[PDB]
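Bifunctional dihydrofolate reductase-thymidylate synthase in complex with CB3717.
Chain lettering follows the listing: the opening sequence line is A, and each later line takes the next letter. All residue numbers given for chain A refer to the PDB entry; the residues shown span 4-43, 71-196, 225-252, 285-300, 310-610 in order. Numbering, chain B: per the PDB entry, residues 3-43, 71-196, 225-252, 285-299, 310-610 in sequence. The figures here come from the full heavy-atom set of this structure, side chains too, leaving out hydrogens, waters and symmetry mates. Ligands are counted one by one from 1 in listed order, and the atoms in each one are counted from 1 as well.
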Amino acid sequence: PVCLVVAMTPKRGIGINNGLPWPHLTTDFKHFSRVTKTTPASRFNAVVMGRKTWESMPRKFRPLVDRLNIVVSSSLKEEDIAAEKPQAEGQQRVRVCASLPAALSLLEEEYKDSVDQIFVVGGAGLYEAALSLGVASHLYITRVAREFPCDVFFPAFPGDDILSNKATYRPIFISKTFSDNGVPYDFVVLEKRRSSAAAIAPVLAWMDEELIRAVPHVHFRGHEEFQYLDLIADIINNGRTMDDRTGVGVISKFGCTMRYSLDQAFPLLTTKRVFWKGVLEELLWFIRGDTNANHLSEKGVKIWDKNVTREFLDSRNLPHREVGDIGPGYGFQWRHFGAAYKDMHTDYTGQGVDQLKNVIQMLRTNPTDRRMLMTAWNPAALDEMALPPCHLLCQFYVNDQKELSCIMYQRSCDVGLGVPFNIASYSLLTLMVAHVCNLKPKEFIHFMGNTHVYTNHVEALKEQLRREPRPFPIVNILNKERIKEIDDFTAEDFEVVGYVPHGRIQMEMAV
Amino acid sequence: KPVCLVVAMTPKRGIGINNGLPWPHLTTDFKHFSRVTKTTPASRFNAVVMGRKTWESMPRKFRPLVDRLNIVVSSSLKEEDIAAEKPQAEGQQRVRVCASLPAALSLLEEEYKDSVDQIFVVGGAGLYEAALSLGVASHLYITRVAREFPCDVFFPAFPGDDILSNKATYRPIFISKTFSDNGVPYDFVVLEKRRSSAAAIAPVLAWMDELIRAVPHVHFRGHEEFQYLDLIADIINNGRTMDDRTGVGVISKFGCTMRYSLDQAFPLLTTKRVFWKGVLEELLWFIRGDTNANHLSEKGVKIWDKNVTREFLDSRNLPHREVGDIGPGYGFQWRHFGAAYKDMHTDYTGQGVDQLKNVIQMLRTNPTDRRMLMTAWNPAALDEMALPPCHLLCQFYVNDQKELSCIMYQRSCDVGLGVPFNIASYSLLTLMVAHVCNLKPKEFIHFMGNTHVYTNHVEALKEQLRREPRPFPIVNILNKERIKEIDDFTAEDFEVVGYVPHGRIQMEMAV
Ligand SMILES: NC(=O)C1=CN([C@@H]2O[C@H](COP(=O)(O)OP(=O)(O)OC[C@H]3O[C@@H](n4cnc5c(N)ncnc54)[C@H](OP(=O)(O)O)[C@@H]3O)[C@@H](O)[C@H]2O)C=CC1
Ligand SMILES: NC(=O)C1=CN([C@@H]2O[C@H](COP(=O)(O)OP(=O)(O)OC[C@H]3O[C@@H](n4cnc5c(N)ncnc54)[C@H](OP(=O)(O)O)[C@@H]3O)[C@@H](O)[C@H]2O)C=CC1
Ligand SMILES: C#CCN(Cc1ccc2[nH]c(N)nc(=O)c2c1)c1ccc(C(=O)N[C@@H](CCC(=O)O)C(=O)O)cc1
Ligand SMILES: C#CCN(Cc1ccc2[nH]c(N)nc(=O)c2c1)c1ccc(C(=O)N[C@@H](CCC(=O)O)C(=O)O)cc1
Ligand SMILES: COc1ncc(-c2cccc(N3CCN(c4cnc(N)nc4N)CC3)c2)cn1
Ligand SMILES: COc1ncc(-c2cccc(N3CCN(c4cnc(N)nc4N)CC3)c2)cn1
Ligand SMILES: O=c1ccn([C@H]2C[C@H](O)[C@@H](COP(=O)(O)O)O2)c(=O)[nH]1
Ligand SMILES: O=c1ccn([C@H]2C[C@H](O)[C@@H](COP(=O)(O)O)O2)c(=O)[nH]1
């Protein structure tokens, strides 16, 4: 019973010019070091590698300490490796075998009592040979989210859908997303599947007296998206069937919380492609305090059209609104809170309270202040809006390390559709704000009120929950030097790096 | 050889009156009792042991207790006094009569080994006194009845009776949430005498894996107050030390949640006494839309005075504010959002948005509406306020079964002093609104922004955490018929039933 341990691009690339295709991945190496060494007393592990893999290592690190180094090679001799560097005392001498079947036979003969776990470390020669013989019980895969130029590739295998879109291998473990040198990645493991408390118990047994899960197989679920998935599953399992303003039935839960890290990667959800062009163009729209939805619509972003139609504005009891007008909406309250609205064309400069500018000036001069809030809810002008704000409130926070976090409260949540859009939108705002203030982005926290999935979306969401997440992408702000204030961002100032989602899921917007 | 004791108990240790139970029928208790005495892991059954009067107090259809070996301790009653009392059913075990508890335990070993699984002393005072003296009691199953009743028979005093009320040891290993039957709150505690299948997943868990705990013995944590206790513990252990607008050192955290049930009992926290006279007077102050802190100050609630002083009013740059005037405070926006403020004496009826009216109306008519929100935060009006509202927003949610839930978001949370007050203050509003809208109260959800403990409380809080919580009380609304609007309520229309909190800890208010 052997295990494979690899780092791998989406297109299964592993090496180039007999070296790693990426810049050094410190957290990947630490993870490698730990897996290959650790043991529950008397036994050391074994690291089986090829010649090209052995050679590609730095001289400093070979032989890999505390582990039986076995090199599969015909051309290299057992003494050339011995003459390469003097051996340090306390380690088994590096062993050379003809092929991989012969390599494991060596452990059967001479090391039957000493070795605990067996690890094949590279490369494509030994990996291919390992999967051929099928003696691999487990695969420890580091999924590099970014694509890199490669000439050596890891062989494709049943259930390699965990890398990109297309005896079996099922994921049992998915870690949260890590990053090094602007390279996002995460760790997965895959399985070859094909009376101190006796007194308490009966009190618990009677105490209960009273269906769907996200990716059942995956038992350790480090990935942060699991929040959102388990949140879908929960409302499908434990929510309440409700009616609606829209006329479409709803399953709703009240009081819901999600939080996502910003320090390593960006929570652009992977289980379905997120319309990022939308979250970007809409956020810049908000920041401008723009209330004209045509400016969005023309850019290819049609998210607001149905709620600013001639038909909808009349039902929303505003016959004197122009098509495209969202009223004094999200962005208007941010940049001009309380100001007298006229139309989308009127210039509202200097009028009202610019919450966004004050939130920054507070962050930049006095970050411990507890009044760093931006609201979109104005009970005075709710009726003048074409549709009341969902994401209505957000608070900011700085710690010791000059790291920035952001809470956002949402009154009403279309989990299937709006939520992943909302996560990504505000997390982006945190990145923007953090940069302008000279702070590290840390964490984004999502507070939810009415949290609901629409009944017509339910079939599509079970489809989404069969999908195990991919590593998060990195969002980079570009022209970091050129942008100094929050209004200096443009659409081209951003870069989504290594975003490899699952295929598009179609979901109708509830009018 | 070891025995378990199973009792229900008044805070004053009372167990009986007039050879019967002191309280009305508690179904959930009798359920607990039935299951705990009966449930057994094959060829095996449980023994129940009682006094003569316990046997007599018990209704005829229930004695002897089915599926359990009954033993009555008596010297007047004989074994044939009981056999003639009711024909024995086929299969059941005969009731045995011993003259003392040592004889009872002796009989159990002498004749009933290999026969009886577990031994339960069931009552009354005499046998509970006897069992505690012998030191044979391994576990105490206490049903803490929170309400004080007329009692002539009492459970004996024991080391560890600090779980009942204020003052070889008996410490809690289990505390459940508060239940209620017939206007009576209660909860269940258990006390203890002290004086590569999945292992291939575990190596990656090694490196990823890594001080103050409250009531650490309590292995089961049903009691919803544990949420708050652990929230204090987390802030201290895992928080970051910030400086403060007041100057006093702060340990703080961002984005933490709590939720409390309102269908069984009231989350008026028990681990320290909460100033309920304040929570009631402050809320009815808000409801009236009052901005005059002297109306609270004259009534014995001085919670706002340190913030309406001439010094603080001038430090907030408001020279013309009279002493007492909070400016457009929380009460003000609730009923007059956007109204132009003058002083506390000016009459504002009709001006601004009456959010509270709109909330109740939307509730009583269109409960599936998601715009059912109230907000104290008014960016344009913040400057004129003596203090920017801490609790700034609440949302209401109505269920399938006409069940009301409420979320409240609080930007800044004094976890030592303000948080339990706020839990109490909105749970009360939720009760009030529910009655006024003809709805069953279900849940209060607390969303928290800057969640912090002051450093001149750290010592005073570590002490509090040593205290395990008592059952929650019931808050009843008196004069239900007379009250039909939210303004109809007065301080007298309420009654806190079964409140048994721990001693007061002195915590100064930060100005
Ligand atoms: N991403 C990752 O996790 C890792 C990537 N790498 C990368 O992989 C590349 C090196 O791997 P690769 O190019 O595939 O070369 P290999 O590491 O597979 O080694 C090739 C040589 O080893 C011998 N060999 C290998 N497999 C067998 C076998 N089954 N039977 C007999 N002999 C065998 C052969 O010798 P002969 O010709 O004499 O038969 C062959 O020439 C480098 O670019 C390196 O950076 C390396 C380690 C980890
Ligand atoms: N809430 C609860 O958990 C429970 C409450 N109760 C309440 O308690 C009351 C009955 O209990 P209580 O009044 O204490 O009476 P008991 O049930 O303790 O029975 C009293 C009789 O039992 C015998 N006896 C008990 N202990 C001893 C001893 N150590 N040595 C010798 N004889 C003993 C004596 O019988 P004799 O005189 O024949 O020798 C005595 O007269 C009822 O009102 C009942 O409702 C009862 C059980 C549980
Ligand atoms: C949230 C928000 C902003 N908005 C505004 C907006 C307004 C009313 C709404 N009403 C309802 N019922 N659900 C919504 O998601 C919604 C969203 C959006 C509107 C539509 C889409 C939409 O049709 N979905 C995108 C997919 C984007 C994604 O991956 O999330 C699409 O493919 O068209 C997204 C966002
Ligand atoms: C929250 C809030 C509203 N308020 C108003 C108010 C105003 C300024 C504040 N400032 C600070 N820093 N913390 C607060 O909790 C606080 C509270 C209160 C203020 C004080 C007390 C107080 O002194 N404690 C109570 C004891 C209550 C308990 O034990 O929990 C007392 O006995 O007076 C209570 C409520
Ligand atoms: C950029 O500098 C650099 N870059 C690389 C090295 C290095 C030094 C020793 C050895 C190696 N490898 C050994 C094996 N590997 C591996 C990494 N992660 C996983 N999950 N599986 C692997 N099988 C990477 C290749 C790499 C030194 N220096
Ligand atoms: C008024 O109706 C009513 N009222 C009372 C009864 C009743 C029926 C069986 C038995 C009894 N006991 C009195 C209460 N006991 C008890 C209850 N909880 C705990 N935790 N420990 C106990 N020792 C034991 C025995 C009471 C029936 N009917
Ligand atoms: O950012 C958004 C915008 C809209 N919605 C969804 C949720 C609601 O179902 C609907 C708005 O309608 P009301 O909540 O106003 O009824 O749009 C979101 O989830 N997020
Ligand atoms: O109802 C209240 C009133 C006050 N505070 C506390 C929290 C903060 O510690 C302090 C307000 O300080 P600023 O957030 O305004 O700085 O008062 C509450 O938690 N709840």
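The parts of the structure that belong to CB3717 are ligands 3 and 4. Other chains having non-hydrogen atoms less than 4.0 Å from CB3717 (ligand 4): B. Of the UniProt active-site residues in chain B, the closest to CB3717 (ligand 4) by non-hydrogen distance (1 Å) is B:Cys489, 6 Å. Within 4.0 Å of CB3717 (ligand 4), counting heavy atoms, one finds no UniProt substrate-binding residue of chain B.
As for UniProt dUMP-binding residues in chain B, a heavy atom under 4.0 Å from CB3717 (ligand 4) is present in B:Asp513, B:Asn521, B:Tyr553.
Other-chain residues and nucleotides with a heavy atom under 4.0 Å from CB3717 (ligand 4) are B:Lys371, B:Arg372, B:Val373, B:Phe374, B:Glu381, B:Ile402, B:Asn406, B:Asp513, B:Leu516, B:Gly517, B:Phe520, B:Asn521, B:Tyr553, B:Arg603, B:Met608, B:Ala609.
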